[PDB]
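Here is a PDB entry that includes WIN 51711.
Letters A, B, ... mirror the listed sequences (proteins, then strands); counts begin at 1. Part of the entry, not all of it, is on display, and contacts are counted within that displayed part. Numbering of ligands and ligand atoms starts at 1, following listing order.
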Amino acid sequence: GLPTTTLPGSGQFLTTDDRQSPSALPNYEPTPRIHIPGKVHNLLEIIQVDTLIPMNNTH
Amino acid sequence: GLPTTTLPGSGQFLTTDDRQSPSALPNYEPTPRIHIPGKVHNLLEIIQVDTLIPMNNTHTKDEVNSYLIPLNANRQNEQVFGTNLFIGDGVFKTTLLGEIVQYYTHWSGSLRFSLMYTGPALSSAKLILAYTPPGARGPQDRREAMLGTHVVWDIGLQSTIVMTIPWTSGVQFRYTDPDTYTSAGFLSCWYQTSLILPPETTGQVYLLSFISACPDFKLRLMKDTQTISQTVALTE
Amino acid sequence: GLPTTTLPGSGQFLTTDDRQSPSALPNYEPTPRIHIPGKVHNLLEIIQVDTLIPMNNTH
Amino acid sequence: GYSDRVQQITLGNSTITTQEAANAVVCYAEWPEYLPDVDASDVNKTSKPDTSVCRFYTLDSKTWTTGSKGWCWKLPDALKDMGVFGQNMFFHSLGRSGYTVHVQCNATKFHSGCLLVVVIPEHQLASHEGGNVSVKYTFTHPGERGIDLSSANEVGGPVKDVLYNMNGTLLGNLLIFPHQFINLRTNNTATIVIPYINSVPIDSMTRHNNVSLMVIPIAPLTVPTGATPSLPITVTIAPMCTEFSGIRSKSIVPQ
Amino acid sequence: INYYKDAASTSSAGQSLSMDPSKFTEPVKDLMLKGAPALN
Amino acid sequence: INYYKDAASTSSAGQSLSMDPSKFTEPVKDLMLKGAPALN
Amino acid sequence: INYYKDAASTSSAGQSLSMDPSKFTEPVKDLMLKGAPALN
Amino acid sequence: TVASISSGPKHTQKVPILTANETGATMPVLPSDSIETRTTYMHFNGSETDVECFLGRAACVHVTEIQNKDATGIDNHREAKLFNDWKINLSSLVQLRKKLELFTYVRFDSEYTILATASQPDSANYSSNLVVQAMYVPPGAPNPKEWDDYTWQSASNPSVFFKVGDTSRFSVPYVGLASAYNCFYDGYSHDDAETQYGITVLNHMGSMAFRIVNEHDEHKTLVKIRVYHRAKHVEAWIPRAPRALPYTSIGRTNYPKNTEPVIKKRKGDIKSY
Amino acid sequence: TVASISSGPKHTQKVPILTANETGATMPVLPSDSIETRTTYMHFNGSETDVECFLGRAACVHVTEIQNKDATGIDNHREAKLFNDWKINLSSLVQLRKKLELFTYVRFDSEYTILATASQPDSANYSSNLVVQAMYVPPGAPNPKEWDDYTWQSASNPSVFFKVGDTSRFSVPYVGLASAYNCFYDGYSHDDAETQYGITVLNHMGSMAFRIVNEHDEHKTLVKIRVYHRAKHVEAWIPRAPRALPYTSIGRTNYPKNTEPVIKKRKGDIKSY
Amino acid sequence: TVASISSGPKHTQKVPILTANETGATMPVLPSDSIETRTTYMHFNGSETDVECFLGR
Ligand SMILES: Cc1cc(CCCCCCCOc2ccc(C3=NCCO3)cc2)on1
Ligand SMILES: Cc1cc(CCCCCCCOc2ccc(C3=NCCO3)cc2)on1
């Protein structure tokens, strides 16, 4: 038995933390990926495509 | 599953502990630093800059005048000012030195006390500043004063005189909040000869006095300052 | 997140255990030691000095 | 035969000579310099009028009398109307600058008096009303006139109490800011070089002042017998390494 | 260190650091050079 | 050992051990030597 | 393994294993040999 | 390191103790320039006066309170403390504030600890176990209106759920818009004749909102939230004079009128000890 | 290691058993100087008599008590035990005190454990869960006046928050002003004719204050605090005679008048067994 | 990485700002194609806009 101390924050759930978890479906094999045109990696990729501005807002 | 045991103290929150925490904002990129003159790294850097001491504390409401130590022409043998050296209280207390010392419990080191003369250029004066180490009373006359640490100051072209209160102590640390065992002495100043004004001139002349710490100085065991408090939370 | 199990005795306070603790005064510098004659290391050092026995206990 | 005492500063088309100086202070030991690329953000090339803006402007003179409490000027405000410096100021969106400040006050070897000349980076003033009353714009933009600490409280203006630096701190501790004394017996001028100090690389010159220059009598003026009881104090200031960026239409500011 | 056997149980992935907007911003068949005329 | 990915999540920094009061105590333009006259 | 930065936070010290009673049991100025007469 | 060197009698033309303070310098004079000293060592590093250490311990920055009670018929949850929000800000409780305002610009990462304890001031059979959900809510962020709005879904906004009686702890990177946070700002948000003044126009981290996730039990439960803040990775520029008068407002320098003399008057003369 | 060597008959001019105790020495005489012995080994190191071991286990040094109750209309929180402070000090409970005073000067680091348990002596529906906040308060430190003063912000003063029923544990470096703590001090704080005497003028670590963070429930709850202290990294100088009479005061050597004979009288003669 | 390069006056036959949006492209025009710029660096990677980050809380 190794001695430990727990710190403030133990047991909290922070929606933004990133840790490991047990898989509920041990050993399951996902469907293979096939190729699909159009993959997005960054939202910065798409905000460089121009779109129309409803400038004439007066309606 | 690795076997563990939790010790006493688990779950406590100690405001002074230093550990890692998850970031709430994963992957966020802070603004770049640009250069800004003036970076401070240690409070020890700043307590070496001297600031004015309201030595003339005798007023009744805070005034620019309690920074001015007056001098009288033609007095001989007499005493210009006196103070004990409880740097955390009394005259010292509002100075930057006094103000920082109050964030710590213990101090040790030498102090630098200087006086800048502001009288007409055609006047002259010789003063004696004396440091009295712990153990004797505040000196009562120059004879008594002159037997301890002292500097005869001759007022000249060079306007300021820097007296050092060298660390004289049995115990290697003193308390910043005034206490006896730990007390540091007295500082007094007397006419050595006397102030003399030129013709066509009259009245009082004043000395400005500063305090800063020597590079010698140590402060330790941080705590809360008696210099600030509040009764309800502030709002916008 | 690494999986753990806590054993019997968790949370107990044993006045005789010897472990690490956080310092309440982070970074504080203690007064230097100076030399003092007389250091004791073991109680076995001192019980070898002889002392008087109130043998005449009859008072 | 160089003395700490005599000095000449030539900047642009203007020169100052002092024969009774007491060295010069360079804030935080740094000398004004232009904005490096590594620190840049705005993509605009900046404009550096050089000698037409980096010369010495002498503000109107003040009069130290035995009752004076002290005066306060803000930068770049104090210069908002000086020559082309000022025009550039109202015409660009952003600008940046360092300064040489030269405060002048001469008397004779029978006078006494001592002024503190200090530069305070980001001097946020307090309302004399207390609470959370704000200090209106006009009040913190006195222009070349500066603020006269012995003038009366006004409404929407700052507090003018000297033992508190106009902000809740004691006069005695102003010495932690770059400063120099003018002690009639020693000194006759004070000179401070101010590098640009901000938390952003360049800023607006009209909505934010980045230093207040403050001249405060501390040992009262004492003139020789039957002398006139007052001396003028003059402040001359020169922008140095000035850069303007984001030119356009020309700001319109309150009052 | 993964403590678990399955890949789904590992933490979040790490930045694509891929980034290529041209499939979205310039899907034209004949290449357009900036500075050259759009329509020749 | 950092257990977390972001730098903000690490513990306190470690002593500057920088320390140079001269920007505050001696910001004069012409260097003053202790022992030499202040004003020449 | 120390988990903490300060020395006060470490566990108990480890045995002096110093042990020298002579400062207490034989602080005499001229050395006494067992077996030789106490007072000569 | 030597704290003092050995120095003996002097009869020179070289006087280190005469200076001209008008210059603005504090000449580095030592005991050995004016008395005869002996060698002594420092034995000390100045570790605990590092600014990281000075600003690096948790300070209480905010105490708020929310209650768990039947919201049935409450027209204004916010007003019933069914949930409460905090215009985030670090200069409201005053101990930490004086410490930070020793500097003009400051830059650091924050570590927050949130302690929540419950009170049941009037007759309850028991103490319930409530889960708090404090969620960050930055500017231009749909604001919660009821204690159970879509807002609380917080799909893009970091939120932490912990139990009353426990503590929550997480750390946020330096979120300032500029290179440092301004402890002071002698400016306006624009050249308006009536716009506000000072730091409040710059410190605009938005706000933090708390609520209990639990529905109501038969009694009412008061939960009081205390937020602690610890600076880590500190960087501070341009020291200033310490605060002397009391504070009146978040973000302005203003002091109260008819305040009291802050310098202690002597009981005696200038000459007194 | 041999505990005894083998030694046989002796008929010498060299007598190790005759000495002169007037000299102040304890001559190192052994069984083998006066009887015939056989070899035997020690099999032992003297591990558990090391001073680190002797002073190194936790001892109870203080029991105090505070209560959680409605402070409404209480004119003196301190007096209602709404919070209670402890003039810190290590010679009040007596078991550990006799152990330390076997030495004149002592130097070590302290590890504190604080156990807090609650009592509800009069009718309660339940047991509430209270968080204690003990905060260090050194000399010249604004002192808490109410149980919820600005003091408790403790922005610069180390404080720990733990739950009643649990334990808190932290360790403080050796905070003495000198090189060691004086277990005894035959002096004064100054040459005053009426100043106090002994150690109390030297042991001046200031004090430790406790409070409950929780507001009040409908019943009252008594929380009793026990502070345990363990010396780690011990260094002790100059052994002294053990304490024989009972103690009367923290910090003075004084014993009670008409105390009882401390040496057990024989039931019989000097000659008795 | 540079966010903007330095660029000065232009008087060309090569106009990067005239395009034909009918083509469906968004031509990659920059500040330096139409005003005079100074060098500046990005100081930023676009970390927190990665889709793993966007959908990962
Ligand atoms: C002077 C001065 C300096 C400063 C800095 C203030 C900035 C502090 C506010 C920023 C904290 O940002 C948050 C990040 C995350 C969360 C949060 N995550 C989960 C719950 O709350 C809350 C606040 O303020 N005044
Ligand atoms: C003989 C003899 C020797 C001694 C030593 C007494 C010193 C012990 C007091 C110092 C303990 O200092 C503290 C440090 C931290 C805390 C604390 N941190 C969080 C809560 O309390 C309390 C006390 O006393 N008598």
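Structurally, the greatest contact with WIN 51711 (ligand 1) is made by what the PDB entry calls human rhinovirus 14 coat protein (subunit VP1). Other chains in heavy-atom range of WIN 51711 (ligand 1) (under 4.0 Å): B, H. The deposit lists the origin of chain H as Human rhinovirus 14. According to the deposit, the name of chain A is human rhinovirus 14 coat protein (subunit VP3).
Within 4.0 Å of WIN 51711 (ligand 1) on heavy-atom distance sit the residues B:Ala24, H:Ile88, H:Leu90, H:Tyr112, H:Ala134, H:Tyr136, H:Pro158, H:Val160, H:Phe170, H:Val172, H:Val175, H:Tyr181, H:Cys183, H:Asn203, H:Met205, H:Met208.
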